[PDB]
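Here is the structure we will look at, set down as structure tokens.
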2 protein chains.
Amino acid sequence: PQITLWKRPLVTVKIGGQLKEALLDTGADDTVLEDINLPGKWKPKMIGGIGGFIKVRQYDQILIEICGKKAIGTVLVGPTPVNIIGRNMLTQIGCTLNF
Amino acid sequence: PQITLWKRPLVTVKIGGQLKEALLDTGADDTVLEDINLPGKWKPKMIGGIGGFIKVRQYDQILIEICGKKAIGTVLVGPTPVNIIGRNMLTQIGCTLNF
Ligand SMILES: CC(C)CN(C[C@@H](O)[C@H](Cc1ccccc1)NC(=O)O[C@H]1CO[C@H]2OCC[C@H]21)S(=O)(=O)c1ccc(N)cc1
């Protein structure tokens, strides 16, 4: 799919048997979700954005399926106001910007 | 240009005779710059991100040139940690996501 940007680039993602919506986000280095419980071990981490920093759980080697394309990688879990798919996943699904 | 996302999608922007670097950011509704002083009237506004909110100056009908393509629109000026080119400008330069 080529997608234009007149609306938020929201996609459906399947992660851990759950269905979520998340923003395809070229401005995000990493993938961060809020409304989700992922099992197993994880390491504490902080990430900063426009208003400062949030503490997140870092989970490694997590499978996600984004618009029906698979990727495995780091998913940060924490109090982001919007689920975001960051560059760490976007590259694995071959996502590019075009103008 | 088609742009892969292994590195931050940073472009050069010319605004008010000044040269800045900014991130092409599909997860941002609006365009927000920090290291810049634009002339004339503006309205107060707040925007939220990861970490919460910041107060910004809203400047309307501002000309920007991003990779030498012109756009005119709202530019928010405030303490963002990274200059961001948002969807309000991305649509004007014909930017799309592809995968
Ligand atoms: C959370 C998004 C839905 C919105 N953000 C745009 C987003 O692209 C920011 C844009 C951004 C970029 C750098 C610094 C601050 C904000 N990225 C971001 O917070 O990424 C974080 C997750 O991955 C990490 O990589 C960079 C910071 C971490 S935002 O910067 O807060 C934002 C919010 C509102 C407007 N109008 C414009 C921008």
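Throughout, protein chains are lettered first and strands after them, A, B, ... in sequence-line order, and every chain is numbered starting at 1. Heavy atoms only: backbone and side chains are in, while hydrogens, waters and symmetry mates are out. Numbering of ligands and ligand atoms starts at 1, following listing order. Structure determined by X-ray crystallography, 2.0 Å.
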* To do: Look up the drug at ligand 1 and give its PDB name.
  => darunavir
Checklist line | Name in the PDB entry of chain in most contact with darunavir | finding: HIV-1 protease
Which other chains have a heavy atom under 4.0 Å from darunavir?
A, B
_N or O contact, B:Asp29 vs darunavir, cut-off under 3.5 Å_ = no
_How far is atom 33 (C) of darunavir from the closest protein heavy atom, and which atom is that?_
B:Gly48 O, 3.2 Å
Inset, instruction - Go through darunavir atom by atom and flag the ones less than 4.0 Å from a non-hydrogen atom of A:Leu23. - result: 3 (C)
* Asked: Would you say A:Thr80 and darunavir have an N/O pair spaced under 3.5 Å apart?
  -> no
Ligand-residue contact atoms, darunavir with B:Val82, heavy atoms, under 4.0 Å: 13 (C), 14 (C)
- Message: Please report whether darunavir has a polar contact with B:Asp30, defined as an N or O pair separated by less than 3.5 Å (distance criterion only).
- Response: yes
**Message:** Any idea which residues from other chains are within 4.0 Å of darunavir, non-hydrogen atoms only?
**Reply:** A:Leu23, A:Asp25, A:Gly27, A:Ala28, A:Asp29, A:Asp30, A:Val32, A:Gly48, A:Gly49, A:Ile50, A:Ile84, B:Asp25, B:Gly27, B:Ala28, B:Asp30, B:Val32, B:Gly48, B:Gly49, B:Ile50, B:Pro81, B:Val82, B:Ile84
